[PDB]
Amino acid sequence: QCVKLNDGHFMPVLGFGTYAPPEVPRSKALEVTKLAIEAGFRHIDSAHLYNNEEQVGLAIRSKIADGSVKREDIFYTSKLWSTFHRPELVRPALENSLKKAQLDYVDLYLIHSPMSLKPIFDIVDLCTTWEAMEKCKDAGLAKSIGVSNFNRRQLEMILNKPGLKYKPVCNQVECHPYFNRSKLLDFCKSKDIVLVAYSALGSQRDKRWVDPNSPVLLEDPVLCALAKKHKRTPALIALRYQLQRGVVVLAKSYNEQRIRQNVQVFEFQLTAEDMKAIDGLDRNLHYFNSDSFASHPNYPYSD
Ligand SMILES: NC(=O)c1ccc[n+]([C@@H]2O[C@H](COP(=O)([O-])OP(=O)(O)OC[C@H]3O[C@@H](n4cnc5c(N)ncnc54)[C@H](OP(=O)(O)O)[C@@H]3O)[C@@H](O)[C@H]2O)c1
Ligand SMILES: COc1ccc2cc([C@@H](C)C(=O)O)ccc2c1
């Protein structure tokens, strides 16, 4: 299934997450992105930060060359990293991501984070960063442009700026049953901005940012009980939850079985009572909980 964005392009509602930590060889991203596309994923989420755009791009070009898909069938996202917020650095950074992937355009280019870093924090008017993003859409470098990790206030700042040409099409944010972003999702729906959920399966629990004492989302007893009722798995319940909320959902897996499993989210439905039960789990838990974000002047979870 796809969703129609506010600029008239379409986004597949289930996306493949490609981040793996540096202990995973870079060659894995090539293999698993091919597996994802063979499984039926058509939306692939990457970023300059992930140090994998060469491999993810090759995987996409590999699947086109062999006839499985056409370029126009794939929705490829990359993200502008926080050391490149100054407007003069935006287009060169996007052109670098395109060169690494060996693609002519990205379907989606996002501001990865509102928290600017020296080109150690920076201060940058994100409205000027946005104006540079609009120019990248105009140039045809990106079909669509959006943001990531923005709160309501930061999103309004873009929506209210004088002479705005393009609204962000989405806001890709941490979102799952323990931090379900209900109020932000309502705001996004009011503005025809799609919410894209990352860490929808509870994150990779990487020690750099996630406390290992935090509860493990896929062990949640309500999710396990719904998995048992539907004869599915807790991951599938958590992905289907987002789709029935009107949220576009990413899922990372580097495991061949689980990659193929995750596309089963299209094969069943949760009832109103099941959705109410999952909505009940919300507990303001963001897994990314680190001094490196929390001390930033533009930390999104300040509101
Ligand atoms: N915009 C941002 O700032 C931002 C931040 C974080 C993430 N993201 C994007 O969102 C993507 C997804 O988020 P994420 O990487 O935190 O991971 P996730 O999608 O929350 O996945 C968490 C863990 O779930 C496991 N998993 C996947 N399918 C499963 C299944 N069917 N059953 C049981 N376990 C399963 C995976 O382990 P295996 O690999 O072992 O299957 C994965 O490591 C990222 O890869 C990246 O593309 C963006
Ligand atoms: C709250 O704000 C943020 C900002 C950037 C983030 C970047 C990542 C990277 C590692 C990613 O895209 O995977 C994760 C969490 C993040 C949270």
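Quick note: residue numbers are just sequence positions, from 1. Start at 1 and go down the list; that is how both ligands and their atoms are numbered. Header entry for method reads X-ray crystallography, 1.9 Å. Basis for what follows: all heavy atoms, side chains included, without hydrogens, waters or symmetry-related copies.
The name given to the drug at ligand 2 is (R)-naproxen. Among all chains, the one with more heavy-atom contacts to (R)-naproxen (ligand 2) than any other is, according to UniProt, Aldo-keto reductase family 1 member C3. The residues of other chains having a heavy atom under 4.0 Å from (R)-naproxen (ligand 2) are listed as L49, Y50, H112, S113, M115, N149, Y198, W209, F288, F293, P300, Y301. In terms of protein heavy-atom proximity, atom 2 (O) of (R)-naproxen (ligand 2) is closest to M115 CE, 3.2 Å. Looking only at protein heavy atoms, the nearest one to atom 14 (C) of (R)-naproxen (ligand 2) is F288 CE2, 3.5 Å. In this structure, atom 16 (C) of (R)-naproxen (ligand 2) lies nearest to the protein heavy atom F293 CZ, 3.6 Å. For (R)-naproxen (ligand 2), the atoms sitting less than 4.0 Å from at least one non-hydrogen atom of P300 are 1 (C), 2 (O), numbered in the order shown with element in parentheses. When chain A is restricted to the residues UniProt lists for NADP(+) binding, the ones with a heavy atom within 4.0 Å of (R)-naproxen (ligand 2) turn out to be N149, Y198.
Judged by heavy-atom distance, the UniProt substrate-binding residues in chain A that approach (R)-naproxen (ligand 2) within 4.0 Å amount to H112. Checked by distance only, (R)-naproxen (ligand 2) and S113 stay at 3.5 Å or farther apart across all their nitrogen or oxygen atoms.
For (R)-naproxen (ligand 2), the polar-atom distance check finds an N/O of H112 within less than 3.5 Å of one of the ligand's N/O atoms. Taking every heavy atom of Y198 and a limit of under 4.0 angstrom, the matching atoms of (R)-naproxen (ligand 2) come to 15 (C), 16 (C), 17 (C). Shortest contact from atom 12 (O) of (R)-naproxen (ligand 2) to any protein heavy atom: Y50 OH, 2.5 Å. The residue of chain A annotated as active site in UniProt and closest to (R)-naproxen (ligand 2), together with its heavy-atom distance to 1 Å, is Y50, 3 Å.
The shortest contact between atom 9 (C) of (R)-naproxen (ligand 2) and any protein heavy atom is with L49 CD2, 3.7 Å. For atom 10 (C) of (R)-naproxen (ligand 2), the closest heavy atom belonging to the protein is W209 CH2, 3.7 Å.
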